[PDB]
There are 4 protein chains.
Amino acid sequence: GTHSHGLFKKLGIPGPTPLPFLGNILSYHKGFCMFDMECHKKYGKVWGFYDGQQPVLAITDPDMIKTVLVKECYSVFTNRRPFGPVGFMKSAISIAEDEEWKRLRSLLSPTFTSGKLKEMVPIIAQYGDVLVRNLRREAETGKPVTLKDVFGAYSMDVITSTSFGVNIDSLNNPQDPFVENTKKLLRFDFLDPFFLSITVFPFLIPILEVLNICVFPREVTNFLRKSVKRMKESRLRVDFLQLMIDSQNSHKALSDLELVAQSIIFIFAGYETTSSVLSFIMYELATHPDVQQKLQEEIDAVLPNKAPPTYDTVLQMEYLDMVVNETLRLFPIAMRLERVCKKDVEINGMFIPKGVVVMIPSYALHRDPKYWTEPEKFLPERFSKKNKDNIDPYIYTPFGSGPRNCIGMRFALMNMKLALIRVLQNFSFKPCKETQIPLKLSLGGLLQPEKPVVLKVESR
Amino acid sequence: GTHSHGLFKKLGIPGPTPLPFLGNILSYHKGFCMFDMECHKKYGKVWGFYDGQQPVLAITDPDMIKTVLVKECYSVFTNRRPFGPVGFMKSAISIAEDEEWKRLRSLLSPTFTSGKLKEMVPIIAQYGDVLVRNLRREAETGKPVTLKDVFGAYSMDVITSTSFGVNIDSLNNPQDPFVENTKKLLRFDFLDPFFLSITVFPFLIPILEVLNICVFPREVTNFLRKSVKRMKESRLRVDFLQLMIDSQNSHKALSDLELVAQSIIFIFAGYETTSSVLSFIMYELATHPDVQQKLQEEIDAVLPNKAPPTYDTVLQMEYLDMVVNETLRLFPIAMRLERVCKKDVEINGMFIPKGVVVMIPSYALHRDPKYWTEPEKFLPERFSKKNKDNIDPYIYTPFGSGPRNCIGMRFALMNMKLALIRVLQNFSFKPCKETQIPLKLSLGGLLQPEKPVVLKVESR
Amino acid sequence: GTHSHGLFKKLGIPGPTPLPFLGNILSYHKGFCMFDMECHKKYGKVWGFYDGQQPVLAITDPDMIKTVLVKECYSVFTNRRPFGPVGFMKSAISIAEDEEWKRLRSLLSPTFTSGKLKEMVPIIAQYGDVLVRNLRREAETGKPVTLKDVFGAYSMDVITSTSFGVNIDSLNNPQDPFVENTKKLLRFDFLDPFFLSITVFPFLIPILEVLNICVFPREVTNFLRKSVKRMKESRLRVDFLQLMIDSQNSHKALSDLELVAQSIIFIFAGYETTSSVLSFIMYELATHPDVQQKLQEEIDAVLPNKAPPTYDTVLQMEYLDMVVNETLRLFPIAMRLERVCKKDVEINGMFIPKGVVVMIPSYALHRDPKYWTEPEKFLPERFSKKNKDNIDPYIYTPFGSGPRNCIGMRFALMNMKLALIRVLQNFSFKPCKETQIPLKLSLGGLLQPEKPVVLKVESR
Amino acid sequence: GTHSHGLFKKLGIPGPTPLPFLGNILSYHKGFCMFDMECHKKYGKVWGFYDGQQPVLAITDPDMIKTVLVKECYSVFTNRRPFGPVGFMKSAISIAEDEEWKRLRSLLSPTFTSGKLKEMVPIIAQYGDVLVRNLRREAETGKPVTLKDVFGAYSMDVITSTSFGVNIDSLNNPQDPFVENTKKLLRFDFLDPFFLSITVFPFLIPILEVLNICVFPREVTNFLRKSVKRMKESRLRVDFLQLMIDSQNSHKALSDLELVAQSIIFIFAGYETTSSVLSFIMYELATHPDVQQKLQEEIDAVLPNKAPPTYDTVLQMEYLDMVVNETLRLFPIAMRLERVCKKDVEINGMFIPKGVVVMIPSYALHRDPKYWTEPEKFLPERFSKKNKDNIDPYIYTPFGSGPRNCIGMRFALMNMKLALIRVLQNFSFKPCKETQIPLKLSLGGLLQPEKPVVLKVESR
Ligand code: HEM
Ligand code: HEM
Ligand code: HEM
Ligand code: HEM
Ligand SMILES: COCC(=O)O[C@]1(CCN(C)CCCc2nc3ccccc3[nH]2)CCc2cc(F)ccc2[C@@H]1C(C)C
């Protein structure tokens, strides 16, 4: 009931005090993000709490953070915490651990190079054209646009074609076989009934693992499993599947089911994340028409006459970059980074017992007054070539840092940027009566707007 | 490991001998139906086995059967066995038990009278017209027809409109909100991984009931729960919802959530059952064109010039009735009837300990040589007014018998008959090269064809 | 997590508000007794709380209490709550439920008549002689006496010989086979780690029931099971075993294992209960030498010259009775009486939903100022023939009331009285320096002294 | 249900075929030992089976065995399989794993040197004198002697005094506090109900670990935990406790609770093991009076006139050694050695997947005709300095081999030898009518006689 509940009181580490069995989870009634702020303010720089019986040690010192993410990554802090029954998805690089992770990490790093990415741009860019045509039809008829559905559909189209060559217009084909399953691959709400129970009955995982109950649905994983065995057997492009089929012709060649595992996790990592950030950005651009106009101006300069964006001209645009980064400062959608302490260690004047989840509260550091002037404000300027220098890369970590960081970072920024470019080239975006202002974050376990973002969309 | 595994060896009752923990479930590798036959042949008239640790006493004596289903129903054998975590669906009349069942049974019996049914015929009959139009378009283009999809869609249309007034053409609207959830309400395969585990880990039910994992999906039950709260609040027809909303204006008036519970179970009881029998019947009529022609002839006689069937002219047709009943003899899709023994009893020279599932092997009795001449053969004649007399109603029980029998019997026969009438009026049905002949039953826990039934469909 | 946690807020019933999963069990940090008082004071006459998810409705109205214990006992409130995995001890009359309880209750009522008891007095009385000899040897050498060990040994001797004819001097034979197991049969601490977990993981019971883990130890129950099969087979006295072997030569004759079940529960009900009350009484008599002297005087009057007590002269003694009853007022060692509500009901202007544990806080009513003048004080007089009249038998219930009350009441009072008589005849009892004064009740789940009672024991 | 059940059929490895859920455990109805022989004969040199879902790869090639036990011990095969909920005893060197094991292994190796052992001989030897006095009193009165009780008591006396300095005559004090708990520390029967369930519900371990249910009893571990905190605090000899208290004044000094953990495991490893081998040896010496006489002769030669054995004269005796070793050949009481495969590997032309329990069937190799002439026969000669050479130390492994072997080997042989010496010096031992001849091994999970060994004991 109190297993390890004296561990932090003992070691000298402060923090809220736990309740038996539940630990501190009642504190999650306002969300991971709000609880992390309060803990930063009211306890300082290091603190501890209990996800049920599991102690979690929050750390906020950039040198200490670097040690965990960078320095001792491979020796002490290699893995994230178990979070549910995962079945065969224990082979997805995100879930695999220790050496199996390192092998998967290596077998996949060449798939995410800039070269591989530059050759996917003409595919990603095609569904930007699709986006504008579907945006225009809703811009034609004066009717508010709900960003999450139009950007949701764009993200889906980008994934089907980048990882499977499946060329869909997911919006206009809302009944395709390939759209129904991939749309069931949403991000996990670790504050919803099931995942909370898993936290205070971690011993229920093995019970579930033996009933073959799985947090990745049996049908989705089954449909994609067989749908990929078709694609492999009809090919025998430039998409993730093929680069992976390539890398299996100094570690053990990528297995068959391991390739299926990665394709599904790429979807999981890329679907809701992308559409959610594109919507946050559109909210900020719609509530600061000066930033929007400025970006539209920077776009028309590089791309004269709605010229089509390319890998190289995308990377030209400084102010676009500043909008993307400043939006991810406010809304880092992972909320936290975490690693399991797998040994006893001392790092930066602090002993850490084997088994503690060490956690880095990204949302709260990105909104720390002590590192950010006027943190609540959308201020794209803080990332200009002028100011970009005094930003610590261990305070601002929307993609994490170190060897276990987001292997999809460059792909995701290039995907979102292509979207925002082709959309601002043709449209302007305005607040509504119904446009929730100021926007409220959800109280749940996902960093998303309370109410969806809806906006007026006009044509240029 | 062997809890109660001597109970039948002791009492004197024969039967296969169990394995620890698993009981006799390895015997289910050929299906409930085949295992029940072998047990009838090789052990006689009474026998016992173990679904894991749970003893099941099979009985085949018509007097003994009557005692269980009819005589001592309310005192000893009131309930079916628990079969999964059910959540709020513990209020569906099928799952409720003891007095709560009797109340629900009474609060719903007037909803299934013949009067209420005769006023639903013009609704049911409308989607017969819809069936023929969709059948014709597939009969127009010479392309094999897969019965389960065209009869699947008809069954869905009949349910939406009979229980919610929702008027859909489910086939041509394969993307309606109301079709996606109700199509996820299929019959349970108690021989599939999950339900088998539930059988040898019955103690896993409470674990699941507390994670709110449920065998009726949370979304389906949630969508229908709210979708009904709309219909109640827009009404404030002749459909099940309204007759139920009626019966809540000597027992406790039907509750709100109890009404939601029944509407979903009516779907569960009526969707796959109906479409599966309609397909079995079409198989038999397509593999005996003499029966088919004879029925077409009996239909044209009562209904001159594709005249539209009515409640009364439907009940006119003897040979139609004989085809429906003879098909349900071969294919009684419940396979077994069961009741939990809730007390110790002696019935017909046999003591039965509290807790035994008493079970009646319908599939095997319907195909018993000792009651049926040439049981394997489709012989509609055995049910004519001439021969219908020497059929024991405790050997032939496709809808069960007694107070807990199928409260939807008359509705289901009238629904299927309306379908078969309007379809034979306009079409003839022929075997294919691909038409699996002879048809094989599935090895799983549902009584359905191994491979789907597909047939040539011509026009008259 | 909150299953039924709105049930009392809804029905209108007040009470502390629950925490998810745990309900109100954090409130048990001071004990059932103290929590029950606070709830009586601060919420009044009726209230509700949650043992995890299980709602418990406390009631304190004598008419309402009578309804539950007496009036609707057989129809609505027949059983106590499940409390642990019990294995075969589900046949002990205390644990059995509904009709199986009524049968066991009837098959055992004639074993507890006054006639049967009067013939056990010469056995019980013999080990009073044994008590005095062992008390004297500790009274001889001036050394404090720890009541729980000398009365513990007396209680054990009374049980072995009353239920099995086994004639031991448990103290001087602290290594007999028959003493080691029966001494492991102590009362359950429902506030200790295991039983608390059972309360907030009631779903863990079936898991345990299938590993054959049992709250009655496998060895104790096994030793006594075989040790009784010896006694049955060597007999083939006046003791419980024989009266039971008798009653199996209008319900089903007592089974073999059912007889073993009762013998163990008689031990469980009678061992720690008796020794604990004898010690409470000795504390009160030692902290009021006037009561003690008065009782010694009433004993010498009826029993001139340490004359040996008999059934009839035991029942002569009014003041003895008043001391026993007043001690059980302060220390009713069951603390609460409970029944499961098995139907919906209205009783005395109150609706009660099926499934609620209805609970009667005996400890708090016995110490209610509103029924007892100076409740904290040991006042034997309130039970004299003069005052015994205005005591409601539904406020003062140390043995419960109604058909499910203590079937061992008369036996227990006669056993304790014989002890107290033969001991006061020969000894006087005095407070020590170490004698905890005032005595503190344990904070756990058993009503016993914090620290053991130790006292000076002199000879007469 | 069949998780990994194709792993051996796939890899090419033969073996009995499994049943769902249970694997091959029905095969354990004759015991680990008999099942291991049949598997050696009927499948050859390598085979696989399933303890439920857990694959176990048996290996019998001395080079392959050496690789696992010696060569790749620290890299691949460091740990034994989890076997039950162990609580804090996860710190006992036997249960600890990976580096924590290596640290414990090092912190304890100097406690088992020959120097430390030679200084414990005068303690061990003292309770040999105690043994002879208690043996004589049973040899005085002509009454069969049950070896397991007289050698059981000797083993207990040797442990209390070697690990805690507690100087008991456990037999004549069968009621000491320190004897009652340590006698509850018997070897685990992994074929008894509980441990078998753990094998096919390994997921039940975490459920138990959270109810603090433990396979080392809470009371035994609690009594010894506090009883050691006394001994530490009264000291602040030459016994295990002190050598351990010593080693905590290049790894982390032995913790407090870690020291308590080791003391209990030393008891667990040493109590039943020793007494069981001493009894096997006495059986063999009593059923071959020529060996016995020969040993008595070799003892009288080194120790003239019942001279007292010393470390050095104990190691003098070749024929004693040959009797001890030949008895452990027949009866290697661990039965199997095992290690978990923690990586994928190829060793001696064989790939082994991560997670397989690799197992070495000691009992069956010790009785392999292909390495042992007349294996069923007790032939002390095979271990003489003449023949001891062609015995492979990877076929004959009564204490295992390699870094994880029995850290108590020398202590155990010296303890048993001192016993056998002082006993044969004074007694001769003869078969009885009741002496089970030939002796049968138990069908359970412990290598012990079916029926106890009883023998005539005469004096010299
Ligand atoms: C705006 C979009 C995205 C954001 C903000 C984001 C952020 C993150 C973060 C914070 C992590 C954990 C980093 C850490 O623990 O240090 C992560 C991991 C990961 N992400 Fe992204 N991500 C995005 C999109 C994508 C995309 C398109 C992919 C496509 C392949 C992807 C694949 C992954 C993978 C595989 C990991 C786990 C890597 C490993 O365990 O070695 N993510 N992401
Ligand atoms: C061909 C179609 C159908 C067949 C063959 C069939 C057969 C059965 C059988 C064998 C039982 C159990 C009988 C027993 O235990 O004695 C049953 C129960 C039931 N059926 Fe039907 N059924 C069909 C369609 C329907 C329909 C359309 C409804 C619509 C309301 C329905 C509602 C129910 C209910 C509520 C029960 C449980 C009744 C109770 O527990 O009191 N069924 N059915
Ligand atoms: C001072 C000693 C004792 C006290 C204070 C005591 C008190 C109680 C109480 C409060 C109950 C529950 C009553 C209820 O729910 O209304 C009970 C039940 C019971 N007691 Fe006693 N008890 C004592 C000794 C004994 C003895 C010696 C026996 C010997 C047979 C015994 C046998 C039982 C049984 C069998 C029940 C359950 C009866 C049933 O469920 O029908 N008890 N006791
Ligand atoms: C006749 C008596 C004994 C026999 C036959 C015996 C045999 C064994 C065997 C086969 C093993 C496992 C070896 C392996 O996996 O390679 C073992 C382990 C062990 N034994 Fe002994 N043993 C005996 C007595 C003792 C005694 C007196 C001690 C006292 C300390 C002891 C302490 C241990 C320990 C601590 C281990 C685990 C070592 C580790 O995991 O590193 N044993 N024993
Ligand atoms: C839900 O919180 C945001 C989130 O989903 O973060 C990840 C999921 C990480 N998962 C492998 C489980 C690890 C345990 C965990 N419990 C958390 C609760 C709150 C906050 C963070 C938590 N971490 C992080 C890495 C990752 C790796 C992939 F391969 C695919 C998707 C993702 C997402 C991220 C891209 C948005």
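Residue numbering restarts at 1 for every chain, and letters A, B, ... go by the order of the sequence lines. Whatever order the structure lists ligands and atoms in, that order sets their numbers, starting from 1. Scope of the values below: all heavy atoms of this structure, side chains included, with no hydrogens, waters or symmetry mates.
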Which chain is the largest contributor of contacts with ligand 5 here, and what is it called in UniProt?
-> Cytochrome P450 3A4
Identify the drug located at ligand 5.
-> mibefradil
Judged by heavy atoms, which other chains are less than 4.0 Å from mibefradil?
-> A
Just need the protein heavy atom nearest to atom 27 (C) of mibefradil, so name the residue and atom and give the distance.
-> A:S94 CB, 3.5 Å
For atom 24 (C) of mibefradil, is the nearest protein heavy atom closer than 4.0 Å?
-> no
Can you list the atoms of mibefradil that are under 4.0 Å from a heavy atom of A:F188?
-> 1 (C)
Provide the number and element of each atom of mibefradil under 4.0 Å from a heavy atom of A:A334.
-> 2 (O), 3 (C), 20 (C), 21 (C)
Considering only the protein, which heavy-atom contact is closest to atom 11 (C) of mibefradil, and what is its distance?
-> A:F83 CE2, 3.8 Å
Contact partition for A:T273 relative to mibefradil, non-hydrogen atoms under 4.0 Å = side chain
Do any non-hydrogen protein atoms sit less than 4.0 Å from atom 21 (C) of mibefradil?
-> yes
Would you mind listing which atoms of mibefradil come within a distance below 4.0 Å of any non-hydrogen atom of A:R81?
-> 13 (C), 14 (C)
Checking heavy atoms only, which UniProt-annotated heme-binding residues of chain A fall inside 4.0 Å of mibefradil?
-> none
Short check: is a protein heavy atom less than 4.0 Å from atom 33 (C) of mibefradil?
-> no
Atom indices of mibefradil within 4.0 angstrom of A:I265 heavy atoms, with elements | 29 (F)
Non-hydrogen protein atom less than 4.0 angstrom from atom 9 (C) of mibefradil | no
Mibefradil N/O within reach of A:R336 N/O, cut-off under 3.5 Å = no
How is the binding site of mibefradil composed, by chain and residue number, at heavy atoms under 4.0 Å?
-> A:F32, A:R81, A:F83, A:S94, A:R187, A:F188, A:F190, A:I265, A:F268, A:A269, A:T273, A:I333, A:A334, A:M335, A:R336, A:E338
